[PDB]
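Below is one structure, written out as structure tokens; comments come after it.
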Protein chains: 2
Amino acid sequence: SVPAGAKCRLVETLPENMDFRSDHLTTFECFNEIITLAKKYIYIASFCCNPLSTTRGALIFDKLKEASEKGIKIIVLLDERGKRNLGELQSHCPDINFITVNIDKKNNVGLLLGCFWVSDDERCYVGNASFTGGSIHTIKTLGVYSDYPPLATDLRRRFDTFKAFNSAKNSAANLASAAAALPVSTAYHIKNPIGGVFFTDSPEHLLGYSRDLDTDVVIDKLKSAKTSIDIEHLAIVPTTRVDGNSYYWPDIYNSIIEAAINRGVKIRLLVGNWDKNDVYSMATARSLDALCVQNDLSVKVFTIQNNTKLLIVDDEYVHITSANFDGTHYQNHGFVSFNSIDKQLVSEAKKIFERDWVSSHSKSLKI
Amino acid sequence: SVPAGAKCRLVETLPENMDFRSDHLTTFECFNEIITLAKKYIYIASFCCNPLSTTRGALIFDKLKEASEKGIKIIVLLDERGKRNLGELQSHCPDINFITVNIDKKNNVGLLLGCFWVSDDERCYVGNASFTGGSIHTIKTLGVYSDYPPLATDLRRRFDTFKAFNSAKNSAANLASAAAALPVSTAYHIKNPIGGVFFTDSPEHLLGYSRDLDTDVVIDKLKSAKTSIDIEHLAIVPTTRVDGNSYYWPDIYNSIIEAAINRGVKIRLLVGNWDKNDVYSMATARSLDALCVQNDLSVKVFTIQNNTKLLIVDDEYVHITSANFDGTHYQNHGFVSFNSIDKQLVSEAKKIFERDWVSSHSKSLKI
Ligand SMILES: O=C(NN1C(=O)[C@@H]2[C@@H]3C=C[C@@H]([C@H]4C[C@@H]34)[C@@H]2C1=O)c1ccc(C(F)(F)F)cc1
């Protein structure tokens, strides 16, 4: 019988100089566990790789180095734009396979975030802690750890898809022939979750015929919200800038406002500070402020380094990812999002949002 | 051979105390022509009927009264909410058939605007001049007159649909049986225009299987705009208030911003003033203002009484209607919109927008 919640527990980076506390497994403890228990492989994917920037990051890197010397197959996927550290990394760990990835050779916009560890087809982390010293030690992050092999194995299948986009030797990133020669498979999805858990995926051109596009799942859940929407992301601005040209994409932004105005949903947005000289973020803040007057919309801002990407709907659905709710991300970037409708796990996430909401690092939107 | 433009010419109400001038047929001249030439019927549809409020309105009413006494079948459709004047109207013209209409007995939101005259299946006016003294004399309006029978006859078919919703005697407004027993037909549409002209229709539940929903045509044209978008409407606010409850509907609002930010379209919005205490209109103005900074978006406001509803895209498409670009209208109200891609007619409309844009009644958006 499948265990409800698929053996998932929350994982946090709660830096010493911030006021957040919890009993959850820390990112540092979690990565140490995955490395300690590994017998065949450890596969890691994130945008940047920079473990040596903090004390705990370098400790994790040493344990990983030691594993690679005992015969563990260690593969680290990073985006071709996070490749500056590469020589430093390869000199530290000559037995680890560092692979740079370009998932968007057509337009050079899409980036690999993935942000997960999987090991031995039995254990995995997924969330928003990159393989950097900051995400392991000094930056607030949120993720999920599971030792349920069916779920871990499903996450490794995302690693198979991303590894195909290696920057070398015309296979699936430099050849459209063997890029269709990779079955982009998933065992679980929103129509067939495992113990209440499933992964959603991005972008659409890597989706294949069986995976769920995270854009569609997220927007549907926002539009289904009957009571409450809690979001902790870096920004909700319907505009992003790419190539020095602004790009308007209001799909999520509209879904939130629609829930508030048309359906009466209580919404709490905890988002990052913005540049007062960025007219598109000032304008967005001013509009959010006006909605706070006449609706049950509330907005608070943080200035701490914080990678948390969390969405909770109606206390029945939790979504934790590495992507930010904006158009550059949901139209282009390579990442995998954690979805669960397990009531217990959702309650733990809600307990984390309530904490962050009243933290001293969260200040009510003032305009 | 079908005459290009389908014999259409613009029609205007240019009040004496405003600075607008043109050589176009006036609403007063136009209505006098339709009445003078009528041999079988005159069918009129608008929200309110109140001719006696101005000198020219009452003159039109006298000519209409005189026609009804010579044997012309005169039918005037008005919404059940414009029925206060009815006793005054029926005492003035006992031989005119005044019919009140409720197109939305299900929810009591949708209103009849129609706003057109058709006569003898040969002549018609369509635009935003209601059958009121104000629209005929003291309020700026814009419309189209044609004496091309194929086009007039197509407009009369809209009158057939609306007349079915009479508030009396369970047929198509109080019975779902004989409401499906009315063929909702059109001869022309966007896929089959007559001389470059076609009508679009609203709302969707009166649409039948062959008419175009105005929402879809308008949004498609905005999304197709390659160069320019010129709009003169009463408001572009993505929120409207119905039943003392606000309703968010950003579809058109988004299409405009998308054209400006993503596609570089030069946009000029000439809209009505707003209540400074209406937070949703203040917020909308503030956002439009921010877009004026970084884009080729320009906004001017008028305070005159002005019913003009005009959209021009790329100097290749003109759209003149009685509905305002908002969600209450495009989801609920009964109206017919004039569409033309005739280059000559579009140039005349563009000449009118350029005039209004630099009129002294048009003041640049100041926030
Ligand atoms: O979203 C609204 N305004 N608004 C945009 O359209 C965005 C675009 C324009 C400026 C910035 C960014 C460039 C993108 C954003 C902004 O704040 C808004 C929503 C609801 C209401 C109402 F109060 F009516 F309910 C009014 C306004």
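Naming convention: chains lettered A, B, ... in sequence-line order (proteins, then strands); numbering from 1 in each chain. Counting starts at 1 for both ligands and their atoms, following the listed order. All values below were derived from every heavy atom in this structure, side-chain atoms included, with hydrogens, water molecules and symmetry-related copies excluded.
The compound at ligand 1, a drug or drug candidate, is named tecovirimat.
Here the macromolecule bound to tecovirimat with the most contacts is known in UniProt as Envelope phospholipase OPG057. Taking 4.0 Å as the heavy-atom limit, the other chains contacting tecovirimat are A, B. Residue B:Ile257 touches tecovirimat through its side chain alone, judged by heavy-atom distances below 4.0 Å. Between A:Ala283 and tecovirimat, at least one N/O pair is under 3.5 Å apart. Checking only distances, B:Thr284 never comes within under 3.5 Å of tecovirimat, N or O to N or O.
Residue-level proximity to tecovirimat for A:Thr239 is carried by the side chain, the only part with a heavy atom below 4.0 angstrom. The PDB records the biological source of chain B as Vaccinia virus Western Reserve.
For tecovirimat, the atoms sitting less than 4.0 Å from at least one non-hydrogen atom of A:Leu291 are 25 (F), numbered in the order shown with element in parentheses. Note: an N/O pair closer than 3.5 Å links A:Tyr253 and tecovirimat by distance alone. The proximity of A:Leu288 to tecovirimat, defined as any non-hydrogen pair under 4.0 Å, does not occur for either the backbone or the side chain. The binding site of tecovirimat, defined by non-hydrogen atoms within 4.0 Å, is formed by A:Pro238, A:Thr239, A:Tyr248, A:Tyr253, A:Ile261, A:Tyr280, A:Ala283, A:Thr284, A:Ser287, A:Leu291, B:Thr239, B:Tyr248, B:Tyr253, B:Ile257, B:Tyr280, B:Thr284, B:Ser287, B:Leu291.
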Give every pair made of an N or O atom of tecovirimat and a protein N or O atom lying under 3.5 Å apart, one pair per line with both atom names and the distance to 0.1 Å, or write 'none'.
residue, atom, partner, partner atom, Å
tecovirimat, 1 (O), A:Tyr253, OH, 2.8
tecovirimat, 3 (N), A:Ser287, OG, 3.3
tecovirimat, 3 (N), B:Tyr253, OH, 3.4
tecovirimat, 3 (N), B:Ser287, OG, 3.0
tecovirimat, 4 (N), B:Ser287, OG, 3.2
tecovirimat, 6 (O), B:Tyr253, OH, 3.0
tecovirimat, 17 (O), A:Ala283, O, 3.2
tecovirimat, 17 (O), A:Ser287, OG, 2.2
tecovirimat, 17 (O), B:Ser287, OG, 3.3

